[PDB]
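Structure follows of alpelisib associated with Phosphatidylinositol 4,5-bisphosphate 3-kinase catalytic subunit alpha isoform.
Note: chain IDs run A, B, ... matching the order in which the sequence lines appear. So for chain A, numbering is the PDB entry's, and the shown residues are 2-308, 323-498, 521-1049, in order. Residue numbering for chain B follows the PDB entry; the residues present correspond to positions 449-582, 591-600, in that order. Below, all heavy atoms of this structure are taken into account, side chains as well, without hydrogens, waters or symmetry copies. Start at 1 and go down the list; that is how both ligands and their atoms are numbered.
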Amino acid sequence: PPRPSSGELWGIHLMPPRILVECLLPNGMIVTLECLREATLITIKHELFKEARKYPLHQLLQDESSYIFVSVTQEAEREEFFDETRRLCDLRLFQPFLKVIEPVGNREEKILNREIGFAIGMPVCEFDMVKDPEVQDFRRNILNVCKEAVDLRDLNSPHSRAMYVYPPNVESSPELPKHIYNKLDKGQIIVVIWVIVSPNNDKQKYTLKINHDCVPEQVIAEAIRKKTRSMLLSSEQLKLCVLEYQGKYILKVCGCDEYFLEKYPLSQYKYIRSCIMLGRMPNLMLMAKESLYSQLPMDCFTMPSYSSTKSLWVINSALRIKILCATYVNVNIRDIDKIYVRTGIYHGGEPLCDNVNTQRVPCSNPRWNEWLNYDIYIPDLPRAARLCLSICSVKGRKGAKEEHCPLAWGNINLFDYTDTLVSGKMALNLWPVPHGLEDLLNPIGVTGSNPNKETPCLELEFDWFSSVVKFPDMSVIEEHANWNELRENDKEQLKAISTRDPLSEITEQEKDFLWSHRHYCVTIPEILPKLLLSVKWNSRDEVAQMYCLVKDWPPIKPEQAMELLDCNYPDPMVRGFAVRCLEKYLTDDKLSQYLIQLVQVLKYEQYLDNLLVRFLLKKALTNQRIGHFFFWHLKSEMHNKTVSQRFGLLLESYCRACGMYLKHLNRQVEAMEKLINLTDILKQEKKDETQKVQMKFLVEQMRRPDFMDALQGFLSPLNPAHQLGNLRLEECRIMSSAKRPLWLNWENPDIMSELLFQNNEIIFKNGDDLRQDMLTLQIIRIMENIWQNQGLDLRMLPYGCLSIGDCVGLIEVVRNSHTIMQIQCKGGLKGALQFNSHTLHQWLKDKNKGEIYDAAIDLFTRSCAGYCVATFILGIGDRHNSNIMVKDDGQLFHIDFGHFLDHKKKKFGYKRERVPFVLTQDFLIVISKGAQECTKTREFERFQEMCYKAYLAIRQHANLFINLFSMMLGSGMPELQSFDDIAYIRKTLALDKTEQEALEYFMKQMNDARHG
Amino acid sequence: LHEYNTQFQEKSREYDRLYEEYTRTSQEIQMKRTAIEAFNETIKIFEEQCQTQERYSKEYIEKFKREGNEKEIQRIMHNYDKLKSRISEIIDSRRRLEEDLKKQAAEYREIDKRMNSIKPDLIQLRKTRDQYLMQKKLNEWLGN
Ligand SMILES: Cc1cc([C@@H](C)Nc2ccccc2C(=O)O)c2[n+](c1)C(=O)CC(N1CCCCC1)=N2
Ligand SMILES: Cc1nc(NC(=O)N2CCC[C@H]2C(N)=O)sc1-c1ccnc(C(C)(C)C(F)(F)F)c1
């Protein structure tokens, strides 16, 4: 299993500066050797062999070069240490001992498998130990995607790999919303092109004014034009000179590793469009293509070492499953009367027949030996059919009203990955009931046995039909399937039905309605999710007809195909259509934006090898920016034992084929381990020490050589385009919060660091689940994209936040930003820890005095409006001066979104949000430019129109957000366990109402939350 | 409703506390299973070290007896004795953890027993409270 902690030994966070290590020599002798905790294995083996001469049989030992060390790690792994450059404290040994052995196996191959096991957070040798054929099949067969993706990277060497390593970061649309166009000087943008003249870092600039839609070569050619004009070339020689040279240079962003390698218009590149929004002139670096191509290492992808049937439809039998017995259940016989197994045959969340329960048996004797007969004909079983069962306790001690409670649950696919109907006996280790689950069955929970075999084990037995039963091939289903009522009454209803949100109930009539008109549903493709829920999945005839309709279904937008990947649509053909829609329409930009949800929905796939995981692997292996966050999002949830094997097996394959980026990840993974371990100490053993003693301990520790090498020279996991050089240790500090956050500052090693940022500031926080803040900042970013397309310049600030593991992650620091409170702390105290309302505007008046004042108040009021609407729709309460920040430039933004969707108030049954926005007055003063009667201004009226306009815009896209939350159900986030948690968005967006009743509803809630 | 909500909010608080102890105890049990797994692999390595030592000492003890170098034979015996001291010290460490795992794994079953008797009772209290469903006094009676 994975490590319990990040400590350098089992139960010890910090090795002593000197530690005694048991060395077991090959001649049988044992030598205790005092070693530095930071000592390399090279040094330690050398010192051992010096000491070994003092021991008997020392003339039997070969030279120290002929031996390597082996030991036991905290993951219970018997690891051979070939890469002897590693320091002692970073081996993460179980006990401080090393055995001296002759090395066995391939050096480079074993060193790789340790780097992978390190990056995954799980020893690779475990996958070699799983007897499961589906796992071994996944590990082998997935390499097709790896090799195929690697060939596509070496197809157009070296440009193709330059594209892989430094993909263009471009918007999905070259079109500028016209309010962005007018920020340009008649569509032209001024850019400063820099070139470094060797050797003195001599920086020469050529400032250009050019159209916003100029492609990089056109920008380059214009730079060459500016340079060469002074050299009296002939007019034609200049033409020939521009055409030849323009193709051989590239542009790079000053201060970071983002390059303009592709034919996009300059404004389509995200760095340029942002420069238009913020009004900053882009600083770019011109670079010869050979200079970049030399920096690109060759990605070596090596193939690893491990590289009579009856049809389902001929079975004339009903489905029956035998519940044999359970090993044990933890119930007190005095309080629980009896127990039973409750079963159901499900397709997704919908049951295919009546649920069947076993007879009741005594608690102490959980054995049933009972054949359960189900209301489904075996040929009518859909492919994603699943048995959902649980052991339920019943106590009738409250009267004639019995108590039923779930004890432990487990779900199983009735067909394995080989399209075979399950047969014979099977043992299913059950899962504990989730905290708060009162349902007797858990079909949305993971399907499959609990890897923890120390749990209640329920024995099942499936039927046997004298032969292996296989699901029919697609040709048979289609062939079997092949064997003007549409008035406007029906046409208007079909459109109204498709527009209803995914969480609206679809009545049994409407289910019948869409199915009868399934063919006109083709003429309205977005209705496919609604129609799919209307099929009789317990009828192969209707499913077959549905399969044929899907085979020719028009491709739908990506944001609608994602819904067909959540827990509601388990059928492989439905998902297959969904993945094909993504291959066709999902830009690498949008993929990055929805990368979290696409990783989450992997938990609902029936099998390890599927079309979605292959599409995601290929995309990750051909775009390193996608592949980076594909890694961490998979990585950050390896702690979750419900998927750790699936994600572990996947992370193995990505790491084996991602090329040289694995090395950069190893730097990041190890850099984080030092931070986790250090924070563990600060949070645990030194929890009672003062700020000073901890700060001393902090400065003491990072100064240690192992810490210096680990935490310097790596890529920011928040954004790998930022290089983290040396630590600016004077600026590193532990923050006052009791979770002991770590404010870290690095040097920017880019030669143009002074033009972008010479300091990279990151907050490392151990002890808080950041998945909420990740999702909120993701949602905030999408709301801004919508508002911009509809012409609403609401400046949000979705700063970087990345959960990297169990309640541990990173936050991008926003420079020149201060909480409202930090701004308020200027002239003294008012009341019980409270402050003055006018101080905020008074401060902002000083920061942006003169002509910038109107632009700053405008930026504030625009930025304030977006967060007001965003926090309302998402139900993020408790917004006050501590979690609202304002930049010196005037942009307001919210922080710390730990809990949303009204889950703090769910325990009370009172659904009425009336907390007064504490900072209503303070912000009104700014919007009103300092008026005494703030609410009477015309500017305030403009502010209200933005919020009304922004609110309806999001209401117009309610299906997208509902789907995004729906795709997150398997994450185990506390505020997101059922669709009922997601239903709060239905209330805030007033989807049961009309646009007029909704806006009035909004205006009401704002007034209920008005003056604070 | 005041009587039933207070009864509800206590068992709610106790089920939450027990669930914290339950999951916390569960993570600890896994670690003990890990360390026992690591101890087994470590014990296996040391036992090999003893077996290999007897092979090499075999012909040298024979040589050092005949060569009258009794002082060298004590060297080999002293170190071999030092090995067995380490092995016994480590088997004891595994054994104490195995014993420790038994107490926590039994306590673990005891937490899940207490919750699984509180879990159905907690639902019923919601039913009785909800029967009472059909403003200062409403937020007051709900434990505020
Ligand atoms: C200037 C200002 C004014 C308001 C409120 C008081 N008024 C409005 C705001 C928009 C549109 C109409 C009105 C109106 O009352 O007609 C406000 N905010 C700033 C916020 O920043 C956050 C916030 N809430 C509300 C509750 C959920 C958190 C966010 N409300
Ligand atoms: C994006 C961001 N930017 C910041 N800026 C400074 O802290 N600044 C900005 C400049 C100086 C310094 C300050 N004195 O004030 S804080 C921050 C942030 C956003 C969201 N969550 C956090 C937490 C919850 C992890 C925190 F702070 F509690 F750890 C921090």
I'm trying to find alpelisib in this model - which ligands or chains should I look at?
ligand 2
If you measure heavy-atom distances to alpelisib, which other chains fall under 4.0 Å?
A
Got a sec? Which UniProt domain of chain A does most of the touching around alpelisib?
PI3K/PI4K catalytic
Which residues would you count as binding alpelisib, with heavy atoms within 4.0 Å?
A:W780, A:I800, A:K802, A:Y836, A:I848, A:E849, A:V850, A:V851, A:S854, A:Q859, A:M922, A:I932, A:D933
